[PDB]
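A deposited model with cyclothiazide.
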Amino acid sequence: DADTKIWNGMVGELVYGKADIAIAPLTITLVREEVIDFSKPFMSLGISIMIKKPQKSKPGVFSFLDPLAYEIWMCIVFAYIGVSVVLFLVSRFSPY
Amino acid sequence: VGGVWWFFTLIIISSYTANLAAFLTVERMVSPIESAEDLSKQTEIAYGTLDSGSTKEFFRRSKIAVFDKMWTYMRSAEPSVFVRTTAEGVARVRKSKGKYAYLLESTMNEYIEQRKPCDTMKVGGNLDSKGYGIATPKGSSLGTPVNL
Amino acid sequence: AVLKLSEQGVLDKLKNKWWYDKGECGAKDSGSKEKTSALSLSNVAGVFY
Amino acid sequence: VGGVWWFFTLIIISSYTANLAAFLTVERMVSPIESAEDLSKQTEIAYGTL
Amino acid sequence: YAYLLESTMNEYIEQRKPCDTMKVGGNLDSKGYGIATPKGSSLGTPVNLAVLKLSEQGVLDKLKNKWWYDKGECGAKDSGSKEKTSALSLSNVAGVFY
Ligand SMILES: NS(=O)(=O)c1cc2c(cc1Cl)N[C@H]([C@H]1C[C@H]3C=C[C@@H]1C3)NS2(=O)=O
Ligand SMILES: N[C@@H](CCC(=O)O)C(=O)O
């Protein structure tokens, strides 16, 4: 506790003699050494950081079409046709 | 007409290959900056610990300046980044939409990442080397036969 | 007393604090990151002209 | 002649297409002045102090 | 002839010249050095309290940086994160001619 040092939780269970042993996920600290005895440590760990999983997008079936935007594919076909007809326009033009 | 069309098709699909190589280079999503250190620096994503946690006491006692600066923020984090129970902080992050980090232990972080729907992620390494140990009341007879 | 803190560089630590530990707006951070892809028609449209 | 010219154009356009999508997105800058000196000269943009 | 030793040894000698070692696999177990006294000495508690400060103050890590990582000497710890050369050689090519 603040200013009265009353160990809440699981610590006062063995400090104030309420329980007999604490087999639990309990980290050995320094200030806990002063109030209760311990065993040798059995599982090492540390401060981890957990954040969300930020949602990778998968490729599609047409993933080869991706390095050119949707419009230009439609735009190039338009340009493809009109190029060809003008060639065919000047192709047959009454050779005299 | 044709050399124009030659000049057209020369530019276009050669430029296609340049972008096509660019997709086969890399696909790594950057997953923003770890070993966090921006939690000290940015104001965007909050971060908290468990109530009555040793880590919550650790940064109170931590003398490293960034950890001080985190603790400087964590004492001034309004509202409470601190949570009382475990999954309390977990689904808080899950609904935070990447706006609240949370600190826990390595054995926890690996285990909840094995849970469905895997929506967590551990970033960086740990910060320290801690260890669980079995505790007794101080001065009990049980100490040596347990610890053997 | 000024000459100690300059010699101890505490001013710099403060100069990091009030300018650089609060680097907020953008391109200080985002200027050293990666880029996108997928060429757009606005890059291209003069060729069709 | 063309054997020179093919060997010519092979080394040219390969170098031309070393990178091009890098060169289609730059969006660089405008920045008319730095050391102003046109604030003395132009009448367009004013300028003041505290 | 293989040889068995400890993880802190295996990482340290791999940092030595001429780097001719290699650690393979993981470890086999989880051991730990600890300071020992004669059994029943008075020194036990004041030592074992004093250890917990430096671990909590991380001074051991600063020392662990000192005696392993501030003396990263042999090569690929440094040169493994650098750039590369160019100019393709015939040994890369010679099977094509075959
Ligand atoms: N890999 S681990 O965290 O689960 C782990 C951690 C540890 C283990 C055993 C395991 Cl499996 N035993 C050690 C203890 C065995 C002896 C050597 C080291 C101490 C005493 N405690 S520890 O170093 O905290
Ligand atoms: N095992 C720790 C968990 C909380 C923390 O890491 O702060 C404890 O009991 O204090």
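Residue numbers begin at 1 in each chain, while the letters A, B, ... track the order of the sequences. Worth knowing before you read on, the calculation uses all heavy atoms, side chains too, and leaves out hydrogens, waters and symmetry mates. Order of listing sets the numbers, starting from 1, for every ligand and every atom in it. Per the header of the entry, the method used was electron microscopy, 4.2 Å. Contacts here are counted within a displayed part of the entry, not across the full deposit.
- Including duplicates, the parts belonging to cyclothiazide are ligand 1.
- For cyclothiazide (ligand 1), the chief contact partner in this model is given in UniProt as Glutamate receptor 2.
- Other chains whose heavy atoms approach cyclothiazide (ligand 1) within less than 4.0 Å: A, E.
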